[PDB]
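Record below includes nabumetone.
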Amino acid sequence: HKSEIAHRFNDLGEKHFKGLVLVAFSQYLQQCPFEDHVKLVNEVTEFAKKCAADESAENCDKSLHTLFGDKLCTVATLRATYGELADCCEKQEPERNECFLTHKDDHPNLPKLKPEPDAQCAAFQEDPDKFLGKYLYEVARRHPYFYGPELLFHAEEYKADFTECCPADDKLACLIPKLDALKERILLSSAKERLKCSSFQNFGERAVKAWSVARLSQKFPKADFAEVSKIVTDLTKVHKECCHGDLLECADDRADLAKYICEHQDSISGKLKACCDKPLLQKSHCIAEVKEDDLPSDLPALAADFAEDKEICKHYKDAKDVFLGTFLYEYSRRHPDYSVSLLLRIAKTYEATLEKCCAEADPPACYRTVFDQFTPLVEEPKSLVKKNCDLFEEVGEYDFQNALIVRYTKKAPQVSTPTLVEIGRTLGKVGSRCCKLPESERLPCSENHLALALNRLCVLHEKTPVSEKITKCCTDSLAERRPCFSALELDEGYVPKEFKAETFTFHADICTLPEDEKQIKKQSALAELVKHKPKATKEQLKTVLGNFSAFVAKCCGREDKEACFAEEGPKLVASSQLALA
Ligand SMILES: COc1ccc2cc(CCC(C)=O)ccc2c1
Ligand SMILES: COc1ccc2cc(CCC(C)=O)ccc2c1
Ligand SMILES: CCCCCCCCC(=O)O
């Protein structure tokens, strides 16, 4: 292309071009204000228009990285606010772009997005474009690896809520649940896409391909190998581009990929009918979250080819990655009931068997029982899901969350209480989302969502490294992560935390808080109890936190609330030390 910026501007249209450019800038520069980002967008969009007029003009021949990166470096107060990104600005490309990605702050800890109905409806009415602009800006900076196109989709959902609710009767009760539901759907899409980007960063491109081969095979079992090969290759290119900042290239390839999938929807999946009769961004979102197609009756038996055949060791050694890819494709089609990580574990086990058996004297008899090696890999996570769902349905989300906070604070007591609480709470959501489902779907739901929860923990752990055991689980193997985390126990090497009185000191302010904010306060205390008494049984801790909850409920209903906390607080905390012995 003679001018790439004009090419993208022409293809994407002005609205999406502007939107995606804003997101791109908002992700790299979290701290800068909205007013500043708008002008950068405006300036770029103008330049793109100039190039679209005359492609052989001054600087129009330059690459997107060059143009975007130069514009990033013009920003006012860049060295003061972003010392890291100012060091990058001196470099040429691609070194400078590579520098920018390294220094994206994976968590800035900005204020939580509190919906303000009246003021937002006011801003929505006066200028809806600038209002959606703020949505893009605010979400993008809170999630530096969010997918541009998918974020544009959630902006239309966001807008749809404000059109339905601002002229309507009660502004609070209309928006609040819709913007809570939207924020839940924002967190999940962010988590899914952060796993893909983390997988490139930590494990490389082959790990993303393998995950994608497995997931897509499950979703499109009717699709032949060549169609899946196309989709994976192209989808991996889309994901690689979005993760490495190339949002304009990502949007173009994503749309082209969704276009291909729908042109060939007959032969790929019956479930794509609804998705293909929809507009651009809606269509792509539907394909990505499409339900798995029903099992074809004519799925081939695999023992003949992958277990019984006499020349497997020959076929493996010719093209290892091709033979395993095929196995993975075929074995994933026939198992929607397995999780993605389980299928990759099974594939790694299959590889390992061939590596071993094709060194031995009689290979066929060795690898003849290769499928039976999978049994223990399948049974472990099945009964872990049953055990956790049995517990979840007994005690509910709050106590299930508490059971996991205890479980993980023991595994990693050196990790910060806010992190431990967050991860434990997210793991408890897996209980809510998966245990209600039909029992066949529990395993894939659980482990796939655990991959999101655990990658989040691993991302936070890069930011604040603490435990060597977590580093190992997070970095040794993508497929073995969840089993690795499960295999952790309390290390005796941890020195029990010293009993500061202020750590378990509650006051009247808790009573005014909402339900989840009360819980987080108690759950922070729960984690602090495990840090002080590592060896306390989970059953001891449950007793003690019950006494905390009661104490909170009691003093919140007292005449003099603060007098109750001041009086009963120290008494509870003193007797709690003894009860955890
Ligand atoms: C259905 O919801 C859940 C929620 C948390 C789970 C955590 C694990 C990992 C187990 C350990 C020891 O970390 C297994 C399965 C789990 C199932
Ligand atoms: C209120 O705080 C807790 C803390 C730990 C818990 C652990 C479990 C797991 C098994 C049992 C019943 O102790 C159940 C519920 C729990 C409730
Ligand atoms: C063709 C099968 C490739 C399996 C790749 C497994 C990725 C998990 C890992 O070991 O990091």
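We number chain A the way the PDB entry does; in order, the residues shown are 3-583. Method on record in the header is X-ray crystallography, 2.8 Å. We count ligands from 1, going down the list as the structure has it; atoms in each ligand are counted the same way. The figures that follow rest on heavy atoms only: side chains count, while hydrogens, waters and symmetry mates do not.
Mapped onto the model, all copies of nabumetone cover ligands 1 and 2. Most-contacted chain for nabumetone (ligand 2) in this structure, per UniProt: Albumin. The heavy-atom binding site of nabumetone (ligand 2) at 4.0 Å consists of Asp401, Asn404, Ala405, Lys540, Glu541, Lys544, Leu547. Of the residues of chain A touching nabumetone (ligand 2), most belong to the UniProt domain Albumin 3. As recorded in the PDB, the organism behind chain A is Equus caballus.
Using a 4.0 Å heavy-atom cut-off, no UniProt Ca(2+)-binding residue of chain A is near nabumetone (ligand 2).
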